[PDB]
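A, B, ... follow the sequence lines: proteins, then strands. Residue 1 opens every chain. In listed order, ligands and their atoms are each counted from 1.
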Amino acid sequence: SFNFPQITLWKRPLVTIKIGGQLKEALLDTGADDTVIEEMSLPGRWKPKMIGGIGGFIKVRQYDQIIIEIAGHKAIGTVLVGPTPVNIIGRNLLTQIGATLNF
Amino acid sequence: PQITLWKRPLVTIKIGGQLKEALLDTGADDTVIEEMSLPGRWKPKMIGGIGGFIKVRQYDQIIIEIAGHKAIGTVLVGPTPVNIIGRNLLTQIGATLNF
Ligand SMILES: CC(C)CN(C[C@@H](O)[C@H](Cc1ccccc1)NC(=O)O[C@H]1CO[C@H]2OCC[C@H]21)S(=O)(=O)c1ccc(N)cc1
Ligand SMILES: [Cl-]
Ligand SMILES: [Cl-]
Ligand SMILES: [Cl-]
Ligand code: NA
């Protein structure tokens with residue numbers, strides 16, 4: 001419905017992100033504490049982490065202080081990389097771009 | 001009205017005569033609640049998240065109260081680690097995501 005993708009949540013709230021100079025599709029996800037992206041190379045050091053969701057847990061690599069643009073908004077923060085079914089923008093970066101849930 | 005996302009967006013819901021805590025989740029297509037009984041008919045469904053699929057019972061035309069707002073829709077019931085209010089019902093309480 002109302003445009004990015006979409007504001008009233010009748011369609012998935014999908015946006016384009018840019019990370020490591022590549023464009024990807026991601027979901028704005030208020031139910032995600034953390035941002036999680038499919039396998040890709042990121043600079044710097046990382047640390048393993050397991051995170052859980054509906055189905056159980058997956059091991060991810062945690063990269064801190066990564067520059068990522070989200071729907072045109074610049075953010076710099078933690079990105080988890082692993083076998084997620086969807087690229088997810090979680091609250092750690094939603095707060096950086098000033099996203100709010102209103103109702 | 002406006003929920004910041006510095007913490008998890010948790011609300012109280014009333015469903016099937018009980019009160020529960022649930023997460024307002026724009027990343028969820030569907031509402032999924034921990035095991036409970038609901039009246040009427042249901043059919044089995046599989047739903048996938050991070051870390052694979054779980055089997056749930058799909059109940060249609062269930063009335064819920066979310067933070068005070070009544071709504072009706074499908075509710076999936078099964079071994080989810082968190083009660084999640086998905087877009088199918090967020091739309092019914094006029095939730096929007098703004099930035
Ligand atoms: C992965 C998404 C595309 C979909 N998920 C909703 C999502 O909001 C879950 C919702 C969620 C929340 C807690 C536990 C399980 C699932 N969040 C999630 O997995 O976040 C993980 C990354 O950050 C961490 O903080 C939250 C858990 C971790 S889902 O729970 O798997 C899901 C799938 C299908 C339906 N119909 C409803 C929900
Ligand atoms: Cl976008
Ligand atoms: Cl962060
Ligand atoms: Cl529905
Ligand atoms: Na029913």
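- Sitting at ligand 1 is the drug darunavir.
- The chain in largest contact with darunavir bears the name, in the PDB entry, of Protease.
- Counting only non-hydrogen atoms, chains lying under 4.0 Å from darunavir: A, B.
- Counting only heavy atoms of the protein, atom 20 (O) of darunavir lies nearest to A:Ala32 CA, 3.6 Å.
- The shell of residues lying under 4.0 angstrom from darunavir, judged by heavy atoms, includes A:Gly52.
- In the structure, no covalent bond to darunavir is made by any chain.
- In the entry, the organism recorded for chain A is Human immunodeficiency virus type 1.
- Darunavir is approached by B:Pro81 to a heavy-atom distance shorter than 4.0 Å.
- Under 4.0 angstrom from darunavir, the non-hydrogen atoms of A:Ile54 come from both its backbone and its side chain.
- At a heavy-atom distance under 4.0 Å, atoms from both the backbone and the side chain of A:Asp34 approach darunavir.
- Protein heavy atom nearest atom 14 (C) of darunavir, with residue, atom name and distance: B:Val82 CG2, 3.5 Å.
- Within the 4.0 Å heavy-atom criterion, the part of B:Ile84 lying near darunavir is the side chain and not the backbone.
- By the 3.5 Å distance cut-off applied to N or O atoms, B:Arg8 is not counted among the residues near darunavir.
- When each atom of darunavir is checked for a heavy atom of B:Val32 under 4.0 Å away, the hits are 35 (C), 37 (C).
- Checked by distance only, darunavir and B:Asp29 stay at 3.5 Å or farther apart across all their nitrogen or oxygen atoms.
- Closest heavy-atom approach to atom 31 (O) of darunavir among the candidates B:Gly49, A:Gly53, B:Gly27: B:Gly49.
- Near darunavir, within 4.0 Å on a heavy-atom basis, the structure shows A:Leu27, A:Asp29, A:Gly31, A:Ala32, A:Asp33, A:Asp34, A:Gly52, A:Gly53, A:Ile54, A:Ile88, B:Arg8, B:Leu23, B:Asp25, B:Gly27, B:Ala28, B:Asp30, B:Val32, B:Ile47, B:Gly48, B:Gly49, B:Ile50, B:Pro81, B:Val82, B:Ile84.
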Pick out the protein N or O atoms lying less than 3.5 Å from any N or O of darunavir, and list each pair with its distance.
residue   : atom   : partner : partner atom : Å
darunavir : 8 (O)  : A:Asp29 : OD1          : 2.9
darunavir : 8 (O)  : A:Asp29 : OD2          : 3.2
darunavir : 8 (O)  : B:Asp25 : OD1          : 2.6
darunavir : 8 (O)  : B:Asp25 : OD2          : 2.4
darunavir : 17 (N) : A:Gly31 : O            : 3.4
darunavir : 23 (O) : A:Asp33 : N            : 3.2
darunavir : 23 (O) : A:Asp34 : N            : 3.4
darunavir : 25 (O) : A:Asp33 : N            : 3.0
darunavir : 25 (O) : A:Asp33 : OD2          : 3.2
darunavir : 36 (N) : B:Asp30 : OD2          : 2.7

